[PDB]
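The next block holds one structure in the form of structure tokens; read it before the comments.
Sequence lines set the chain letters: A, B, ... in the order given, protein chains first and strands last, and positions in each chain run from 1. Whatever order the structure lists them in is the order used to number ligands and atoms, beginning at 1.
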Amino acid sequence: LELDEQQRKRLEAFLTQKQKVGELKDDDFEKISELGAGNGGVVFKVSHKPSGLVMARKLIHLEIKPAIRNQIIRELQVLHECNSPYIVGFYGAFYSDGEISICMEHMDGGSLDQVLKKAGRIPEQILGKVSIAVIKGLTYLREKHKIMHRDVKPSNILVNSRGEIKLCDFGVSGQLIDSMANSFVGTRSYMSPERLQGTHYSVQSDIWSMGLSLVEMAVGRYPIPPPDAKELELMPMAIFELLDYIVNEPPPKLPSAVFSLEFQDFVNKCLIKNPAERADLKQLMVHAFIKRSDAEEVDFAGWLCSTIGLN
Amino acid sequence: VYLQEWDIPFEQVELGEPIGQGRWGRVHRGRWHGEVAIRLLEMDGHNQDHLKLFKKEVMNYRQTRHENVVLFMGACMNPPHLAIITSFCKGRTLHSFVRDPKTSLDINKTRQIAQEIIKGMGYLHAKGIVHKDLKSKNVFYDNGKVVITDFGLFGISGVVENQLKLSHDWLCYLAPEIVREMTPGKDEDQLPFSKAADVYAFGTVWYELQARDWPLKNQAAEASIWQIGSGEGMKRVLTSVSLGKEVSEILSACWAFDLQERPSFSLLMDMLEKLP
Ligand SMILES: Nc1ncnc2c1ncn2[C@@H]1O[C@H](COP(=O)(O)OP(=O)(O)NP(=O)(O)O)[C@@H](O)[C@H]1O
Ligand SMILES: Nc1ncnc2c1ncn2[C@@H]1O[C@H](COP(=O)(O)OP(=O)(O)NP(=O)(O)O)[C@@H](O)[C@H]1O
Ligand SMILES: O=C(c1ccc(F)c(F)c1Nc1ccc(I)cc1F)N1CC(O)([C@@H]2CCCCN2)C1
Ligand SMILES: [Mg+2]
Ligand SMILES: [Mg+2]
């Protein structure tokens, strides 16, 4: 638990507006604009008509035998129990036209990948807070429902003008992972080196993903292969050589001139290739960098809206 | 090809119910009186280079006939719409056949089925046609007889972003040469299929004849790509649960990391002979 009350009074506020919306179905909704699409399905800003609320709808398109389709929806409904200040507000999941839709909180500022592209780089002061948020979300998930995320990267980190950080698209359902999610491979890879060789992995793999994501946001560039010497002061490869790099070469590290030991050491511990020696979540929670940033005073909402232009 | 250019006498052909979709058009059941499989394709490409290759390959398939290879019958092209018509295979796919409880495979039945598949592939190779898509789901088993389908078909350039989506069943049959080249924005037609890649795919179907399952359990495709193209995954499966020495020897030969060390299909016939 260890749930602040500010947080508990905005969780209750959203579960009880949640029962006001009741159930739903497709034509209750109406489009707004293109949030984006990838590795499965398009997500769009939507307004719900029965209950004056703006949501974000994730549609993914799966013609398969209906038996596993209903198994997927019933496994996905467990999102109703998953409610934390660090996990996006979930409302409902339903099948329609053979297109599964997940309705969730709309997050004003989008994904830290989007944030990053406009921001160019993300300062350390603030990456401290997002790091705390991620370990909290991951611990909440591992302790309360006993799952792991399996896909941590900036495009799955969501921010709002109210100043919260929450995680979207974690692997709650096994059937949906095995039946669709596994088959996609992008242009980048955030998978741990022990997942890539197909051994048993744990939430440790998520620790690795988080470390790689923090490097990308800290230096503005996807970190492998490491930037070359001319590119570093200023600040064309196929997918297999990327994966072979991740497995057979040293991991990224933050530049030593710019960030504190505490940050450098935090990421160095997240990025150890052997998951046994990689820090777990208990250990990361009490790390120097965490104790620092947790006790610091940063106004997130202000930085966010002056970064992207909201109010 | 206007379908009357084929040695099969044709009066009329009727579409029946569909029986599965895929990357290359939609496959219907149909009546030539005989049952047939009709694959409907459409040619985005239009640059008459694609249709030139299509015409070459369809007349190359005309010259084929063999009791272990599905009979190619016709192809017509009213561009962009094209159709490929083969004989319909009664019975079950070998994929779903090894996975049946009631099915009784044994050290004999497996060798026999394998020798059937090898004869078919050997013919196709003799006439210089590369399958480019051998897998358990493209082999049909009806009582005694074993028939290979859907061959040569990856060479064409019809309708299929800058991501990838790769089924797991397919990747298990892919040799390391290929999966190393996979990367978003590269089409399937640019991949390095070959006779050696075909015998590697035969390696996977033989493993499936032994173990009635994939050699790699379902997992994220990036994981499969590394494990396949590094050769590591195939080294570890040969370690993990073994079968018999003579059985496993053919498997280690077909999966050989260096493609040039892979046996020919003629040689594989002999290897399957000197077994229990
Ligand atoms: N709940 C949400 N609120 C606001 N924007 C979102 C939300 N979920 C996703 N997005 C954005 O919508 C776009 C596409 O989302 P998505 O379909 O999850 O693919 P992705 O986030 O880009 N990468 P992936 O998670 O691997 O599919 C991205 O720009 C996301 O930042
Ligand atoms: N000659 C045939 N006789 C019987 N069934 C066939 C024949 N040719 C194809 N099929 C089946 O028709 C369906 C269409 O196959 P196909 O479109 O190739 O899908 P797929 O092999 O499972 N995946 P993909 O190769 O990417 O399309 C499959 O169920 C085949 O097994
Ligand atoms: O949408 C998802 C997703 C995957 C697995 C799963 F079990 C889900 F429930 C998923 N959706 C989902 C879950 C919780 C909330 I709160 C909101 C959601 F949209 N994914 C995984 C994803 O991030 C991609 C898919 C595959 C490759 C990389 N990860 C997108
Ligand atoms: Mg997402
Ligand atoms: Mg096929």
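- The drug placed at ligand 3 in this model is cobimetinib.
- Here the macromolecule with the greatest number of atom pairs within 4.5 Å of cobimetinib (ligand 3) is listed in UniProt as Dual specificity mitogen-activated protein kinase kinase 1.
- The chains other than those of the drug that have a heavy atom under 4.0 Å from cobimetinib (ligand 3) are A.
- Binding site of cobimetinib (ligand 3) at 4.0 Å, heavy atoms: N39(A), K58(A), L79(A), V88(A), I102(A), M104(A), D151(A), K153(A), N156(A), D169(A), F170(A), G171(A), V172(A), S173(A), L176(A), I177(A), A181(A).
- Source organism of chain A in the entry: Oryctolagus cuniculus.
- Filtering the residues that UniProt lists as binding ATP in chain A by heavy-atom distance under 4.0 Å from cobimetinib (ligand 3) yields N39(A), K58(A).
- In this structure, the UniProt active-site residue of chain A with the shortest heavy-atom distance to cobimetinib (ligand 3) (to 1 Å) is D151(A), 3 Å.
- Lab note: most residues of chain A in contact with cobimetinib (ligand 3) fall in UniProt domain Protein kinase.
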